[PDB]
Visitor: 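Starting off with a structure, shown below.
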Amino acid sequence: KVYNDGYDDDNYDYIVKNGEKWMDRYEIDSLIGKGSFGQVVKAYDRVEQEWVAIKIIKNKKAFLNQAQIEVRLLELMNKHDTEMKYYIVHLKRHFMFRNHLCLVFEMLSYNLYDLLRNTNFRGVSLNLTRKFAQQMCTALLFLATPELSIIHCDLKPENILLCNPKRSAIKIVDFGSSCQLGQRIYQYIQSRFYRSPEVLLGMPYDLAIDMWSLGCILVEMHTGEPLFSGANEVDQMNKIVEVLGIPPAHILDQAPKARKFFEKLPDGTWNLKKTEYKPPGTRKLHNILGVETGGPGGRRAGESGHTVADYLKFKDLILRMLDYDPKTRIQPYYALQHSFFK
Ligand SMILES: CO[C@@H]1[C@H](N(C)C(=O)c2ccccc2)C[C@H]2O[C@]1(C)n1c3ccccc3c3c4c(c5c6ccccc6n2c5c31)C(=O)NC4
């Protein structure tokens, strides 16, 4: 039982070895990430004299073909001149090495989930959250470039990395599972916590599903907990409704999976199917954010930049991101014009 001459394990993953030299160029330091696609390695590039992250794709057609699509999107994105591209992780180059496709990315620092973990899931300031909010909106404006029209499709704290551990600059990484506007190919998409209503109801969707994700992420960044932490899709929708109420009838009348979560009563209105929740719309975002009670858990009482006014602008922006209708849900260009960023 030997795989690819001893270089691979039984999952077609490359057996990583610390200190290994590739092509008299890359000095492999250690394994820093792992996934179904394969592995991510820290390394030093002798030619450019810089630390890089090498994503080593499994030696398997399924995963190689997926990675070739990633490479297309990244190169497509990195070609565009506009400065909005410096919120996407840079793909420096790619190559084949002992039958594994290898993507060389710039090396970034911690991810926003690490950040939350350090606070013991109590969150970061509204002032830091604003900075992240603006940069993420700018990155979405970029993905909305008509010639790109890219749906990241899986936005979450662990996919948003800091450039430098002492600055607020962030970049979105991992477009491996990244949809693109067009004919619908997929329906089970996004990570559950950040999955939009249109996806849950099996409806048409577009770039607006990333905006939904962002709304959930920003609240999470300031409280430290996920806004909608569903253990399954029923739980997920039920938690969304707690805060936002029953979705509008005109959406549910069209929703193919409306009946997974709701029933249409004889009077024509929609209610939740019974399955431990607060009534629709009664777990108010106002109170989740602690608008008038000194922020979440009162921990921001007396910190500057956390007044009622400051919280009202943030709350308003968030609600416009969590619009049930993806046609009127706020768009990136308008997000950046909001009072919360002035
Ligand atoms: C996005 O981070 C992933 C890894 N997660 C976030 C996890 O394993 C986590 C899952 C759940 C909860 C917490 C972490 C961290 C690590 O490897 C992963 C696979 N990666 C990928 C995957 C796909 C494309 C690009 C990357 C990168 C990249 C980097 C990266 C990392 C840098 C430093 C430490 C860890 C680390 N990682 C990185 C990573 C990177 O610097 N550039 C691209």
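Note that chain A carries the PDB entry numbering, so the residues on display, from first to last, are 134-408, 414-480. Every number for a ligand or one of its atoms is a count from 1 in the order of the listing. Just so it is clear, the values below take in all heavy atoms, side chains as well, and ignore hydrogens, waters and symmetry mates. Recorded method is X-ray crystallography, 2.6 Å.
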Visitor: Say which drug appears at ligand 1.
Guide: PKC412
Visitor: What does the PDB entry call the chain that holds PKC412 (ligand 1) with the greatest number of close contacts?
Guide: Dual specificity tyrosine-phosphorylation-regulated kinase 1A
Visitor: So, at a heavy-atom cut-off of 4.0 Å, what does the binding site of PKC412 (ligand 1) look like in terms of residues?
Guide: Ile165, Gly166, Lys167, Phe170, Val173, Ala186, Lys188, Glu239, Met240, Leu241, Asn244, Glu291, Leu294, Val306, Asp307
Visitor: Among UniProt active-site residues of chain A, which is nearest to PKC412 (ligand 1), and at what closest non-hydrogen distance, rounded to 1 Å?
Guide: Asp287, 9 Å
Visitor: Below the 3.5 angstrom mark, is there an N/O of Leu241, backbone or side chain, next to an N/O of PKC412 (ligand 1)?
Guide: yes
Visitor: With atoms numbered from 1 as shown, which atoms in PKC412 (ligand 1) lie under 4.0 angstrom from a non-hydrogen atom of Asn244?
Guide: 6 (C)
Visitor: Which of the ATP-binding residues recorded by UniProt for chain A place a non-hydrogen atom closer than 4.0 Å to PKC412 (ligand 1)?
Guide: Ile165, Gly166, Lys167, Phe170, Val173, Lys188, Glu239, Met240, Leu241
Visitor: Note the single closest protein heavy atom to atom 26 (C) of PKC412 (ligand 1), along with its residue, its atom name and the distance in Å.
Guide: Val173 CG2, 4.2 Å
Visitor: Heavy atoms of the protein only: does one fall short of 4.0 Å from atom 3 (C) of PKC412 (ligand 1)?
Guide: no
Visitor: Which atoms from PKC412 (ligand 1) have a heavy atom of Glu239 less than 4.0 Å away?
Guide: 40 (C), 41 (O), 42 (N)
Visitor: How far is atom 29 (C) of PKC412 (ligand 1) from its nearest protein heavy atom, and which residue and atom is that?
Guide: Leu294 CD2, 3.8 Å
Visitor: For atom 40 (C) of PKC412 (ligand 1), state whether the nearest protein heavy atom is under 4.0 Å away.
Guide: yes
Visitor: Which UniProt domain would you name for the part of chain A holding most residues in contact with PKC412 (ligand 1)?
Guide: Protein kinase
